[PDB]
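In what follows, a structure is listed as structure tokens, so that the remarks can point back to it.
Lettering of chains follows the sequences in order, A, B, ..., and the numbering in each one begins at 1. Counting starts at 1 for both ligands and their atoms, following the listed order. Keep in mind that the numbers below use all heavy atoms, side chains included, and drop hydrogens, waters and symmetry copies.
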Protein chains: 2
Amino acid sequence: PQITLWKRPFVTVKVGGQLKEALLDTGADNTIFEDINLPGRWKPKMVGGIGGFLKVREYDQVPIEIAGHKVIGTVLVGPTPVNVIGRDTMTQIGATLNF
Amino acid sequence: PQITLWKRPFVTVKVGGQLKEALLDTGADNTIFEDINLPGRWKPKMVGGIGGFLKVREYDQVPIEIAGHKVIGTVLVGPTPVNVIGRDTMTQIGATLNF
Ligand SMILES: CC(C)(C)NC(=O)[C@@H]1C[C@@H]2CCCC[C@@H]2CN1C[C@@H](O)[C@H](Cc1ccccc1)NC(=O)[C@H](CC(N)=O)NC(=O)c1ccc2ccccc2n1
Ligand SMILES: CC(C)(C)NC(=O)[C@@H]1C[C@@H]2CCCC[C@@H]2CN1C[C@@H](O)[C@H](Cc1ccccc1)NC(=O)[C@H](CC(N)=O)NC(=O)c1ccc2ccccc2n1
Ligand SMILES: [Cl-]
Ligand SMILES: [Cl-]
């Protein structure tokens, strides 16, 4: 699809077997969710942004379906106010900005 | 242009009289700079991000040039780690996210 930006660009994704919504974010390096439970091991990571840093769990090679496509990549989990799909995932579905 | 997302999507912008660079950020509501100086009075404003809330200066009706499109918008000046072009400016140049 072609998405205008008059509203925040959320999309449906499936991760860990659950349907979630997340913000398509061209400014973010990373992909992060609040309250999803993933299997397998994780490693601690800190991510920074406006206002400071977030302590998260990093899970590697996680399948995400976004809203229709299969991506495998890194997923962060921590107490974020919003789920975000960052460039690490969006490059794998060929997302582009156009103007 | 049509911009892929393998690198961070920075663009050249002229804000006030000054050439700067900033991140095209579909996950940001606002346009925020740290390294510009704008004249005159400003209004206090608070913005949120992943880590908490920051105090910024709001300057109204500021000219912004990006990719040859000259627009007039609200520019915030605050302790952001990265200059960001948010959806408020991107909608004015007709930017879309596509996949
Ligand atoms: C933006 C922030 C998330 C705070 N990250 C950083 O500031 C990291 C932190 C790292 C650990 C501590 C020591 C410094 C390194 C490198 N910095 C990068 C920082 O010092 C450096 C500033 C700079 C820019 C241009 C020319 C010279 C210097 N940025 C850079 O070199 C490149 C610029 C680019 N176009 O990619 N940017 C980044 O490295 C950077 C990293 C994460 C980001 C996440 C989201 C959005 C933008 C992000 N930009
Ligand atoms: C989410 C995460 C992966 C941690 N990445 C980032 O946060 C990186 C960090 C980078 C270095 C510092 C400068 C910003 C860049 C780009 N950001 C992405 C960037 O897109 C980021 C994503 C985001 C949105 C909403 C809430 C939190 C976080 N947007 C923002 O930080 C913008 C800033 C603003 N006020 O315009 N925030 C918002 O637009 C915004 C909207 C609604 C909100 C509701 C509650 C609380 C905070 C809310 N913030
Ligand atoms: Cl959700
Ligand atoms: Cl990020």
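- Against ligand 1, the chain with more heavy-atom contacts than any other is given by the PDB entry as HIV-1 protease.
- The option from volasertib, saquinavir, zafirlukast that is found at ligand 1 is saquinavir.
- The heavy-atom neighbours of saquinavir (ligand 1) at a 4.0 Å cut-off, by chain: A, B.
- Using a 4.0 Å threshold on non-hydrogen atoms, atom 10 (C) of saquinavir (ligand 1) does not count as touching the protein.
- Looking at B:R8 next to saquinavir (ligand 1), an N or O pair under 3.5 Å apart turns up.
- Summary of contacts: the protein heavy atom closest to atom 3 (C) of saquinavir (ligand 1) is A:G48 O, 4.7 Å.
- With a 4.0 Å heavy-atom cut-off, saquinavir (ligand 1) is reached by the side chain of B:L23 but not by its N, CA, C or O.
- Besides saquinavir (ligand 1), ligands or ions with an atom closer than 4.0 Å to that drug are found; these are ligand 2 (saquinavir), ligand 4 (chloride ion).
- Under a 4.0 angstrom heavy-atom cut-off, A:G27 registers as being in contact with saquinavir (ligand 1).
- Residues with a heavy atom within 4.0 Å of saquinavir (ligand 1): A:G27, A:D29, B:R8, B:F10, B:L23, B:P81, B:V82.
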